[PDB]
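The following structure: imatinib with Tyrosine-protein kinase ABL1.
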Amino acid sequence: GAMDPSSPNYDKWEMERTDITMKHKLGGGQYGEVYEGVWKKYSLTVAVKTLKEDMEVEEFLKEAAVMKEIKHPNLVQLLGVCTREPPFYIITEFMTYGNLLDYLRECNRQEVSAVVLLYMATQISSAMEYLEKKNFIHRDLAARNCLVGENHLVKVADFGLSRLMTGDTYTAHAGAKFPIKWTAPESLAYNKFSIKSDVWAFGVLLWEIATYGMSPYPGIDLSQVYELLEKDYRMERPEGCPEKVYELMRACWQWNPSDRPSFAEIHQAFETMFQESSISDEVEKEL
Ligand SMILES: Cc1ccc(NC(=O)c2ccc(CN3CCN(C)CC3)cc2)cc1Nc1nccc(-c2cccnc2)n1
Ligand SMILES: O=C(Nc1ccc(OC(F)(F)F)cc1)c1cnc(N2CC[C@@H](O)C2)c(-c2cncnc2)c1
Ligand SMILES: [Cl-]
């Protein structure tokens, strides 16, 4: 019996399907085959990713394998899998306040002050410093791919949104759907993805936080983004953004990937930046 520790077929991550009470599809279908679920014995709400009827079985099992290798307070936590027989499940913890992009756009601003936005950026930088140390690449870092929990807890996730999301967030490029405005120039021009191209996307994500979720490069056509960046254009400093924070965005957006800071340096910069000074005072001064 594969479920017993004695079994040489035992996998600690394999869970009993009957332990999960499957409820409705999450967020009106914005996540594809992801369902709200209840883990019986723990009376815990969970998020359950499944596969839609009938080659993507290998991508799904690869995601399950990657998730078993990663553990960080700011990375969505794997709780278990149902991969012995179809339908295949990936179970994670449910995050009360849902995705960060909608959260930023809908939040009460007296609550989600400059101090809270700084904490959210710092948490994301810690999750990314861990992925950098473990030699992983995210590939689609953005606010739409982060979740918000209790007490402004932020977790980085990866919802595989490219072929699910409606609108112009992701558009056709190199035979796939790219989020052009978050994509490092070497990723668009030379198909080069690395931790440094995640650094570039982090700079865009920082700008989303700094604007309460505004869409980047507003009013600029997607056909013009590469050319503008290649000619040294960069998004202007958001209104009220502290200069030290914008300096960090600009460092993320160096044309040469090798010139961008590592996530360890970005994380260290957030800790040091306001160790003595108040971000609240810097924002008030800027405004
Ligand atoms: C149910 C599930 C299944 C799998 C995943 N997976 C991930 O979030 C993830 C995170 C990091 C990696 C690391 N990886 C490194 C390699 N590169 C190329 C890709 C990323 C992989 C998968 C999340 C979830 N969780 C999830 N999914 C969709 C929506 C929600 C959700 C929505 C609202 C409230 N609470 C939770 N929660
Ligand atoms: O706090 C703010 N900015 C901030 C930036 C970085 C930062 O560091 C972190 F690391 F990124 F988190 C922390 C805070 C802030 C305050 N007031 C705003 N106001 C817009 C005009 C009035 O309404 C006040 C805006 C604004 C709103 N919409 C679009 N752009 C900017 C933003
Ligand atoms: Cl990887």
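So for chain A, numbering is the PDB entry's, and the shown residues are 242-295, 297-529, in order. Atoms within each ligand, like the ligands themselves, are counted from 1 in listed order. Both backbone and side-chain heavy atoms feed into the values below; hydrogens, waters and symmetry mates do not.
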Just need the ligand numbers or chain letters for imatinib, all copies if there are several. ligand 1
Tell me the protein heavy atom at minimum distance from atom 14 (N) of imatinib, and give that distance in Å. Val308 CG1, 3.9 Å
Note the single closest protein heavy atom to atom 10 (C) of imatinib, along with its residue, its atom name and the distance in Å. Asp400 N, 3.6 Å
Against heavy atoms of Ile312, which atoms of imatinib measure under 4.0 Å? 12 (C), 13 (C)
Of the residues in chain A that UniProt says bind ATP, which have any non-hydrogen atom under 4.0 Å from imatinib? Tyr272, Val275, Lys290, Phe336, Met337, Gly340
Only heavy atoms of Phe336, strictly under 4.0 Å: list the atoms of imatinib that pass. 34 (C), 35 (N)
Indicate, as side chain, backbone, both or neither, the part of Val318 found under 4.0 angstrom from imatinib when only non-hydrogen atoms are considered. side chain
Provide the organism that the deposit lists for chain A. Mus musculus
Within the 4.0 Å heavy-atom shell around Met309, which atoms of imatinib are there? 4 (C), 5 (C), 6 (N), 22 (C)
For atom 32 (C) of imatinib, what is the closest protein heavy atom, and at what distance to 0.1 Å? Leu389 CD2, 3.7 Å
Which other ligands or ions in this structure are less than 4.0 Å from imatinib? ligand 3 (chloride ion)
What residue and heavy atom of the protein are closest to atom 37 (N) of imatinib, and at what distance? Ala288 CB, 3.5 Å
Less than 3.5 Å between some nitrogen or oxygen of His380 and one of imatinib, yes or no? yes
Atom 26 (C) of imatinib - nearest protein heavy atom and its distance: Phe401 CE2, 3.7 Å
In terms of residue, atom name and distance, what is the protein heavy atom nearest to atom 15 (C) of imatinib? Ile379 O, 3.4 Å
Look up the UniProt domain of chain A holding most residues in contact with imatinib. Protein kinase
Any idea which UniProt active-site residue of chain A is nearest imatinib? I'd like the heavy-atom distance to 1 Å as well. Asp382, 7 Å
From the candidates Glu305, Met337, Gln271, the one that places a heavy atom nearest atom 5 (C) of imatinib: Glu305
Shortest protein heavy-atom distance from atom 25 (N) of imatinib, along with the residue and atom involved: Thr334 OG1, 3.0 Å
Hey, could you tell me which residues sit within 4.0 Å of imatinib? Heavy atoms only, please. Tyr272, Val275, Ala288, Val289, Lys290, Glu305, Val308, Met309, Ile312, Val318, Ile332, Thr334, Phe336, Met337, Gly340, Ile379, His380, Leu389, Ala399, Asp400, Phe401
